[PDB]
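As listed: the chains are lettered in turn, A, B, ..., one for each sequence line. Chain A residue numbers are taken from the PDB entry; in order, the displayed residues are 8-191. Here chain B follows the PDB entry, giving residues 8-191 in order. All ligand and atom numbering here is 1-based and tracks the order in the structure. Quick note: numbers below take in every heavy atom, side chains included, and nothing from hydrogens, waters or symmetry partners.
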Number of protein chains: 2
Amino acid sequence: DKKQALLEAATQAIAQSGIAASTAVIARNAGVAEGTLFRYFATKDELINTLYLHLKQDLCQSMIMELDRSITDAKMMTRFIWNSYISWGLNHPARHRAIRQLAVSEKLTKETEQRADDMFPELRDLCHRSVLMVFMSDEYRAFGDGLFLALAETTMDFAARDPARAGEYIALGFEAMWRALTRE
Amino acid sequence: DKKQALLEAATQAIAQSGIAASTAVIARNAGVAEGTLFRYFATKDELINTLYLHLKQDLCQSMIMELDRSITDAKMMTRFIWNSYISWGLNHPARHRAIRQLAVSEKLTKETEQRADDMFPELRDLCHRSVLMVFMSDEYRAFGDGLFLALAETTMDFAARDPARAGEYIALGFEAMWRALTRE
Ligand SMILES: COc1ccc2cc3[n+](cc2c1OC)CCc1cc2c(cc1-3)OCO2
Ligand SMILES: COc1ccc2cc3[n+](cc2c1OC)CCc1cc2c(cc1-3)OCO2
C-alpha cells in the first residue's frame, strides 16, 4: 500500500514545487523512508514517469465517463471534453498541477508518451483532427500541450476564485483555446 | 538602500512563493526588523501594489526603448510588444514571476491599475482596438490578462529550455495569443 501513498504524496509535492520537489519530502509525507521510496522507484525519473501515467489514466477515465456519444458536431464535442478536463481540475487541484508540471518536464520517456496517447484512442484522434499542424509536429507538439494546459489552468483558477462566473470563464476559456490551437 | 532593498527581496520572495510571501522573510532579507517594513509600507497590500508599479515600470521601460514608432499594422505592433515582454521575461525570471502573481492577485487597487495604463499609453490604446470587447469588460478584463500571461510565461519556459528554437516558440506563442484574444 506504500506505492500508492508515494504516488499521492508525490502528487501533492510536485503540485506545490514542480519536478524540483524533493524525494525526501515526498517519502516522509507518505509516511515512509526515502530509502523505501527508492526501492519502489529506482530513480526519481522513474517516479516521475509512473506518476504521470497514473494521473493521466485518472483524468482519461474521468473524461471517458462523461463522454456523450450523442454529441456529433466536432467543435461541440471538443467543448464537452474541455469542460470535463476543467471540472476534473476543479475537483482535483493538486492532480492537475502535478500533471501540468509532469507533462512538460522533459523527463517523460518515449514509451511513456506512447503509452499515454494510446489510453483514449478515439479522444486522441478527435483532438488530432482539429489541431494546427505545427502543434502535431515532433518539434512543437510539446509546446501545443503547454499552450493548452496554460489556458486550462488559468480558466481553472479564475473559475475557482469567482465561482459565480465559473461557467462564463470556462466557456470564454474554451473559445480562446479553440481559436489558438485549431485549424481554419 | 533599505527602501529599494525591501523591494528586491519582495520580488524574490513573491517569485519563490506568491502574494502570500511572508512579510517576515522579506524583512530579514533587507537586514531590518519587520516593523521597519511596515514603516515603509502601511500594510502587506500597499507593498503588493507598490512593487507592482515598480516591476511594471521596469518592464514597460524596457518595452518603450524597443518601440520603433512609425508602425501601422496593429498586429505587427503587438508582435513587438509581445517580443519585448518575452525578452524582459527571459532576462529577468524572478521579476516576471512576481509581476505575474501580482497581476492576477486581485489585491491591486483600481487606482494601481489606472497608474499602469498611464505607464504605457501605447498599449492601452492598442488593446482598445484589437482585443475582443469581452476581455475589455470589467468582469472579464483580469481573465483576459490572466490568459495572455499564461501564454507568455509558457512561451518563456519553452524558449529558456530550448534556445535553439526560442524564435519559433515566441512566434507560435504570439500567433496563438493573437487568435485567442483579438477580433477576427
Ligand atoms: C494532460 O495533458 C493534456 C491534456 C489535454 C490535452 C488536450 C490538448 N493538447 C494537449 C493535452 C495536454 O497535454 C499534456 C494539446 C493540444 C490540444 C488541442 C486541442 C484540444 C486539446 C488539446 O482540444 C481542441 O484542440
Ligand atoms: C502585466 O503586464 C502585461 C504585459 C502585457 C500585457 C499585454 C496584454 N495584456 C496584459 C498585459 C500584461 O498584464 C496584464 C492583456 C491582454 C492583452 C490582449 C492582447 C494583447 C496584449 C495583452 O495584444 C493583443 O491582444
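What sits at ligand 1 is the drug berberine. Ranked by contacts, the chain bound most extensively to berberine (ligand 1) is, in the PDB entry, Putative regulatory protein. Lab note - other chains with heavy atoms under 4.0 Å from berberine (ligand 1): A.
Atom 3 (C) of berberine (ligand 1) has its closest protein heavy atom at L156(A) CD2, 3.7 Å. Near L66(A), with a cut-off below 4.0 Å to any heavy atom, the atoms of berberine (ligand 1) are 1 (C).
For chain A, the PDB entry reports the organism Salmonella typhimurium. Closest to atom 9 (N) of berberine (ligand 1) among all protein heavy atoms lies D152(A) OD1, 3.6 Å. Assignment of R107(A) to the shell around berberine (ligand 1) is not supported, since no heavy atom sits closer than 4.0 Å. In terms of protein heavy atoms, atom 19 (C) of berberine (ligand 1) is closest to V138(A) CG2, 3.8 Å. In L154(A), neither the side chain nor the backbone holds a heavy atom less than 4.0 Å from any atom of berberine (ligand 1).
In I88(A), neither the side chain nor the backbone holds a heavy atom less than 4.0 Å from any atom of berberine (ligand 1).
Applying a heavy-atom cut-off of 4.0 Å to berberine (ligand 1) picks out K63(A), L66(A), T85(A), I106(A), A110(A), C134(A), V138(A), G151(A), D152(A), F155(A), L156(A), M184(A), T189(A).
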